[PDB]
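Working notes, structure below.
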Number of protein chains: 4
Amino acid sequence: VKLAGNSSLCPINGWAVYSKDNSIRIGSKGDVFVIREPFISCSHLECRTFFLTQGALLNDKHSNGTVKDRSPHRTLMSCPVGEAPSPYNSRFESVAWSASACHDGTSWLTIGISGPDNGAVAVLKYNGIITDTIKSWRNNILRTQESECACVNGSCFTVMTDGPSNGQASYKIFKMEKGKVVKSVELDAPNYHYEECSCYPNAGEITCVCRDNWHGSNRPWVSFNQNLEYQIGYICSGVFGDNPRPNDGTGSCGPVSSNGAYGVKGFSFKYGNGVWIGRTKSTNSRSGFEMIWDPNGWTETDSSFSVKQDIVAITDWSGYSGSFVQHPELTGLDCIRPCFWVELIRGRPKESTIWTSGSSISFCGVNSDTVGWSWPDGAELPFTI
Amino acid sequence: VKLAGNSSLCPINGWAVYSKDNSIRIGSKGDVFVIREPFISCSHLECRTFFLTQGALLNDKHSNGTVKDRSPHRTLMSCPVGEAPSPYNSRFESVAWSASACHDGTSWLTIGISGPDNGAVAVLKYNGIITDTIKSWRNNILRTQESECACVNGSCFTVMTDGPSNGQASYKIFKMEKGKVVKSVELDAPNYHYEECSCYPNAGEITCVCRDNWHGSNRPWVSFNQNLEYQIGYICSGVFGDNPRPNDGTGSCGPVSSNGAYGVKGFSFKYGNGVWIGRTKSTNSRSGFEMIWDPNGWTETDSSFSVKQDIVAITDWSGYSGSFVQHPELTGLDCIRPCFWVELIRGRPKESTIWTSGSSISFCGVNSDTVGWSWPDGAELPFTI
Amino acid sequence: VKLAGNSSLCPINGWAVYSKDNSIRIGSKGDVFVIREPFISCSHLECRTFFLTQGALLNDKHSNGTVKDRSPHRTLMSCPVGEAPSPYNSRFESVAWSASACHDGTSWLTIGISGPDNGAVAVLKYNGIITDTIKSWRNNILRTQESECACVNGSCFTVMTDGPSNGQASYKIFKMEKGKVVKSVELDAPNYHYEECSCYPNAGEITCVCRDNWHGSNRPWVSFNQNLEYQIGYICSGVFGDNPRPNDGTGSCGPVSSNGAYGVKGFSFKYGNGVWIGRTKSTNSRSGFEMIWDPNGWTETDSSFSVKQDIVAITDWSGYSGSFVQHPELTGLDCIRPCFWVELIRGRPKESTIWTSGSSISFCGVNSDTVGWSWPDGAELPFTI
Amino acid sequence: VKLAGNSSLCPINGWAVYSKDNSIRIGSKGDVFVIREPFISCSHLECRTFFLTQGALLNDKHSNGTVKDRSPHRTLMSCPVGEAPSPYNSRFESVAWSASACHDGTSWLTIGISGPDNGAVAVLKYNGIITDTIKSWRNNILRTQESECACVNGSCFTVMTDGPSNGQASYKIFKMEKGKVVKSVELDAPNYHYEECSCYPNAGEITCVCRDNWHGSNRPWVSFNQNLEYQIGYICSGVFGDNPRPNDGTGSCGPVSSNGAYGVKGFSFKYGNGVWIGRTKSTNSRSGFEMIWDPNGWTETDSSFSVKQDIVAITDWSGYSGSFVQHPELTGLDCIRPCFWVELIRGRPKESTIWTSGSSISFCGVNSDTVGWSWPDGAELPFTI
Ligand SMILES: CCC(CC)O[C@@H]1C=C(C(=O)O)C[C@H](N)[C@H]1NC(C)=O
Ligand SMILES: CCC(CC)O[C@@H]1C=C(C(=O)O)C[C@H](N)[C@H]1NC(C)=O
Ligand SMILES: CCC(CC)O[C@@H]1C=C(C(=O)O)C[C@H](N)[C@H]1NC(C)=O
Ligand SMILES: CCC(CC)O[C@@H]1C=C(C(=O)O)C[C@H](N)[C@H]1NC(C)=O
């Protein structure tokens with residue numbers, strides 16, 4: 001039976017460690033895929049880890065310039081959470097250098113994008129079989145979430161971008177049933193910039209917190225009904241969420257220009273006017289990670305907050321981070337539980353190696369107490385190469 | 001319940017990437033099988049990749065002269081689509097240096113040929129247990145499809161050749177049920193030459209497009225009803241499908257002798273008087289791949305065609321290619337969906353390695369739009385050896 | 001249906017070899033996890049081996065200081081009994097450097113403790129999803145069993161410690177249902193020291209034999225009802241079970257102070273006033289192992305016993321050992337079968353390697369005859385390093 | 001439902017190849033266990049390969065003196081037929097240096113002997129849980145089949161030996177239900193010698209053809225009803241089946257003393273007064289294998305025969321071989337089908353390496369035709385060592 005998403009986000013006090021895959025430490029010897037853009041998404045029975053491989057293993061020559069981003073060998077595969085991604089435990093999903101995926105209660109929907117930069121195509125699959133296709137409409141790198149999509153009452157939603165990662169680009173929301181596009185709407189978002197959105201379902205509606213790689217240090221959002229009627233904005237909190245970003249201060253409900261000319265994928269959970277913010281600890285590099293609870297931070301502008309919980313130390317490498325949900329039909333709870341993952345990027349451009357790849361760690365909602373600490377990748381570089 | 005095959009091929013506009021195993025790039029370090037002759041075939045529940053191993057792994061000494069073709073260690077195995085063939089994820093099917101396979105809706109049927117060249121024997125299995133045997137009748141390398149057989153209303157059919165790959169040889173169509181040959185017929189096709197046929201079910205009948213290794217540059221075909229009543233011909237198009245072959249020009253409905261003394265296994269999908277032709281890009285070697293729609297090309301002699309979709313660039317190695325299907329019981333559609341796979345050969349005799357193996361990529365029908373691009377093997381030879 | 005735990009320990013005579021994973025001998029080449037603190041636990045259908053990896057593999061550089069005990073990369077995983085723990089056959093369970101686990105008949109309950117020594121938090125999971133959390137109440141290394149928990153009539157119970165591994169500490173017994181803590185009690189055990197308890201169900205109650213690391217050469221025990229009403233004491237048998245320990249002699253029903261300033265993890269099965277004692281053969285190091293039947297050494301003080309059954313020769317490295325149970329719902333028997341496992345520790349600090357890890361062996365109850373022997377680890381150190 | 005064993009052996013004309021695992025060729029690089037004494041057995045759903053590992057992998061130092069036979073690290077494991085035995089694809093079964101196993105229609109019954117030569121104990125397991133124990137009764141290496149046991153109407157029977165491999169030893173037949181010994185009888189076989197019997201069910205009774213290591217070149221046999229009422233004898237054919245053995249000549253219905261002071265495990269299928277013999281091609285060493293049809297050869301004494309089918313050239317190493325069956329509940333047939341396997345031993349003592357391991361190949365009855373050929377191991381020694 002389909003996942004009803006009419007339930008609300010579960011109240012919580014902190015975050016508890018859920019998984020850690022040590023893929024990079026293990027891959028030092030083991031046959032572990034070199035990856036990037038990993039993300040967790042759960043069905044009504046299990047939770048999986050999706051990722052984009054480089055069609056090569058760690059410590060092998062084919063792992064060479066795996067910093068390039070888009071290639072013909074890039075593929076989307078999955079394995080159960082906490083496990084190291086290997087050819088011996090990974091399920092093939094699709095050929096792709098940018099992807100998304102979600103479970104509607106019945107079957108899995110995977111979105112993989114491949115092809116050249118001037119005409120990339122999104123192949124949609126439902127239970128492994130191709131159910132639709134979406135071709136680039138601006139011919140400038142059609143790309144997507146790199147985190148799970150959201151399903152509600154049997155419909156799943158996602159967000160895509162086409163155009164410059166440099167300035168005004170085109171943005172679209174898509175609704176799908178059985179992996180087929182039943183409706184789509186382009187957002188009329190002049191001056192906004194949307195990339196790699198982390199979307200979750202709450203009370204029958206979707207909410208997405210994304211990345212402004214053009215000119216924002218704070219994160220932009222988009223929420224919508226099952227008819228794609230939407231609203232847009234930026235988190236007004238002075239506790240800036242992008243990286244790079246400036247020192248905390250006075251935020252704005254609009255794009256914060258200072259230092260937001262690049263970025264990193266992230267997420268945030270909205271509760272009333274409050275927001276849980278996941279962000280790096282550094283303001284310049286993808287180092288460290290922490291969770292901050294700013295009550296009344298979604299609508300106000302100030303750098304004051306209530307709680308902060310360490311996830312990774314400033315001295316250790318972090319990277320992308322996304323949100324993922326647990327539905328009542330998998331949990332037995334009467335609310336939609338929030339969790340998040342963090343990508344731990346090793347290699348280039350920061351480290352002198354011939355390769356780039358990443359590990360993952362994840363946490364979940366919870367009302368019981370927690371603790372901040374540091375759960376870093378742990379590999380010692382360089383490798384035998 | 002048995003796969004019904006009374007439906008027609010789904011109408012289509014282009015091809016959407018379905019998978020890429022990256023086995024060779026992965027095998028540089030991973031315990032991946034050395035193979036050749038890989039093909040895809042689906043049941044009413046999953047799609048799998050079959051292939052002929054060389055009882056050895058990549059980058060190991062036993063990988064030596066793996067260019068030999070036939071030997072006692074050659075075995076037919078399978079794993080899920082897109083995954084690299086390895087001993088930790090592959091199901092053993094049969095001992096064979098030539099095979100075929102298809103699912104009738106109930107169980108898998110596998111056909112593996114082993115034994116000496118002067119008296120080979122095909123072993124038929126149904127759900128993993130031997131159900132029949134077919135021994136060579138001409139005593140000269142009994143061989144078969146190297147791709148999926150076709151099943152209709154409980155019956156599965158295949159084609160086998162016995163005799164010279166050099167000139168006139170004998171060809172037989174077999175009809176089976178629960179893996180037992182209930183009927184067969186020897187094709188009265190003087191001056192024709194059949195090999196590595198790609199057969200597919202359509203409107204209750206089978207259609208096979210094969211390879212002329214004796215004297216044809218265009219491909220031969222055979223279609224037949226469930227009682228083995230058949231018709232034979234050659235694709236008349238001036239867009240020659242074999243490799244080697246001559247530059248495009250005036251085709252023929254009979255064997256085009258120029259350059260057809262050799263060949264490569266291939267496929268083609270017939271729609272009315274039109275055909276989707278899959279072929280290499282080079283006219284001499286196994287380089288590149290492309291999809292071509294020549295309406296009225298199945299019966300007409302002209303090198304004019306409508307659409308062209310690139311799959312593999314001329315600068316990269318390709319190889320065998322075959323057709324495979326997605327029945328309604330698996331898809332939910334009301335038509336039989338056409339898909340294809342391409343074998344990417346690396347090593348001897350074109351590269352200076354001590355071995356020969358291959359990777360695979362596959363695509364499927366689709367009405368939505370698509371894009372041409374290039375999805376090559378990507379491994380850099382030579383290996384550590 | 002829930003595992004009723006109202007049956008009694010089956011009457012037995014000796015122990016029969018159940019399993020041996022040779023993980024270390026195998027990892028010399030294979031991709032085996034470097035581990036410690038392993039233990040078995042069974043459901044109503046299968047038996048698994050749980051363990052705490054070091055987020056690295058044998059014979060790889062990351063295997064370095066794997067002697068350190070606690071780290072962020074330490075994770076709790078599991079695989080079927082007898083199989084070598086590997087990233088290709090292990091299910092991820094939880095991030096932890098101390099754990100426990102058991103099956104209530106319906107789903108698996110896992111307990112993984114992580115975080116800093118001054119603020120560790122226990123993450124309880126039921127069927128893979130977080131259901132409760134427990135933070136350190138004495139801010140001094142919250143730790144647990146390192147062996148299975150015990151479930152009765154739908155409820156599972158475990159024991160945890162917080163405070164000095166050096167002297168008087170704080171001990172608590174928890175009661176959980178579907179992984180949620182419904183009740184907890186602190187033992188009023190002045191002068192006692194509980195650590196790494198082995199608890200088993202019997203006649204509707206729980207019995208634990210633990211490790212006194214503070215000042216006992218004999219072992220302490222706790223037994224309690226389903227409402228956490230309890231009783232405490234020490235095994236009085238002059239056949240001292242802790243290691244190190246003094247030569248056998250006159251025991252005590254309280255802490256035997258000579259040599260018991262350290263210890264190792266163990267177990268014991270109480271029968272009437274008698275006991276089956278598992279122990280190392282050495283009085284000083286974790287060398288050798290043997291089972292001893294002191295009929296009524298549970299309450300009596302005399303170093304005399306009836307049967308001795310060798311499990312590992314004095315010349316070979318041994319280590320931790322714990323109890324694990326079969327239930328009637330799994331076995332079909334009408335009694336609770338006792339079984340135990342043994343950790344074979346190789347590496348530091350006794351051998352000159354840069355790492356520490358371990359193999360496992362197990363035995364089960366049984367009435368028919370048996371024989372003692374020696375089933376050591378068998379790996380030859382050092383390794384390629 | 002239980003496997004009725006009331007049907008008779010299926011009439012056959014030759015033997016078709018069923019599988020080949022290439023375990024050693026693959027092990028050159030892959031993580032393949034080192035093993036000996038492999039054998040196949042089938043349930044009502046699938047066929048598996050059991051084997052006794054040496055607790056190490058090929059091409060690793062721990063693969064050293066793996067020629068010793070018995071050791072504490074020896075374990076019984078299994079994987080699907082055709083697959084190379086590895087720690088990634090192998091199910092653990094029991095600790096043993098001698099074993100047997102069979103499926104009764106409901107669950108697997110495994111038999112694993114371990115312990116010292118003067119007190120070995122066989123641990124029986126039903127569905128993975130210990131159901132009985134049998135201790136040595138002569139204190140001289142209790143040993144068993146090293147192939148599959150036979151099940152009929154819900155009962156499985158096996159054969160065990162205790163005593164000298166040097167002369168008169170004690171032989172016993174065991175009958176078990178759900179893994180528990182319900183009856184047992186000791187054979188009154190003076191001047192007979194039974195070891196490593198291959199037993200198959202037929203018309204509700206069991207027939208075993210074994211190895212005489214004492215003083216016989218021909219093979220001894222025992223057949224018995226479901227109440228262990230039995231009959232013994234020796235195959236009378238002058239086509240001697242043991243190895244070593246003298247050149248073919250005049251056989252004997254009793255022990256043929258010339259050259260039978262040692263031997264190898266083998267098998268045979270009796271049809272009326274005829275027999276299908278499996279044997280090596282060489283009379284001195286375990287080289288080559290072949291099937292021979294000697295009608296009226298079970299009771300007569302002559303070296304003449306009707307059919308001979310080659311399985312392994314004399315130029316290549318063979319080794320143990322045994323029988324296995326496929327019941328009607330698996331095949332759908334109305335008769336019990338005969339098949340067999342052959343162990344291809346490589347290394348010591350015939351080859352200069354530091355190890356000993358084996359590969360496997362198997363065949364099945366079949367009415368259709370077949371062919372003789374040579375399917376050897378194919379590994380090139382020595383290895384990197
Ligand atoms: C094309 C711009 C896009 C959005 C900023 O770049 C991403 C940034 C990345 C990054 O900043 O690390 C890595 C992503 N793999 C890349 N996505 C693609 C499709 O190339
Ligand atoms: C024997 C002739 C036959 C048909 C052309 O050769 C094939 C051509 C091949 C090729 O052109 O690459 C490889 C196939 N492995 C081989 N088949 C067998 C059975 O050896
Ligand atoms: C903190 C004291 C505790 C009980 C004695 O130490 C254990 C002893 C050990 C040992 O004596 O070998 C190894 C365990 N990994 C360790 N547990 C933790 C959590 O560090
Ligand atoms: C102990 C005598 C017995 C029967 C002849 O020896 C077998 C012969 C063998 C052989 O001749 O190769 C190998 C078996 N692994 C061995 N079995 C045991 C248990 O040691």
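Throughout, protein chains are lettered first and strands after them, A, B, ... in sequence-line order, and every chain is numbered starting at 1. Computed over heavy atoms, backbone and side chain alike; hydrogens, waters and symmetry mates excluded. Header says: X-ray crystallography, 2.5 Å. Whatever order the structure lists ligands and atoms in, that order sets their numbers, starting from 1.
Per UniProt, the macromolecule in most contact with ligand 3 is Neuraminidase. In this structure, the drug found at ligand 3 is oseltamivir carboxylate.
Other chains making heavy-atom contacts shorter than 4.0 Å with oseltamivir carboxylate (ligand 3): C. For atom 3 (C) of oseltamivir carboxylate (ligand 3), the nearest non-hydrogen atom of the protein is C:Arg143 CD, 3.9 Å. Residue C:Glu195 has no nitrogen or oxygen atom sitting less than 3.5 Å from a nitrogen or oxygen atom of oseltamivir carboxylate (ligand 3), judged on distance alone.
Looking at the UniProt substrate-binding residues of chain C, I find a heavy atom under 4.0 Å from oseltamivir carboxylate (ligand 3) for C:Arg36, C:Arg70, C:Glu195, C:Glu196, C:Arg211, C:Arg286.
Atom 6 (O) of oseltamivir carboxylate (ligand 3) is never approached by the protein to below 4.0 angstrom, counting heavy atoms only. Residues flagged by UniProt as binding Ca(2+) in chain C that sit under 4.0 Å from oseltamivir carboxylate (ligand 3) (heavy atoms): C:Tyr262.
Neither the backbone nor the side chain of C:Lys265 has any atom closer than 4.0 Å to an atom of oseltamivir carboxylate (ligand 3) (non-hydrogen atoms only).
In this structure, residues within 4.0 Å of oseltamivir carboxylate (ligand 3) (heavy atoms) are C:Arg36, C:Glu37, C:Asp69, C:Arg70, C:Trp97, C:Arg143, C:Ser165, C:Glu195, C:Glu196, C:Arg211, C:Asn213, C:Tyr262, C:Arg286, C:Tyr320.
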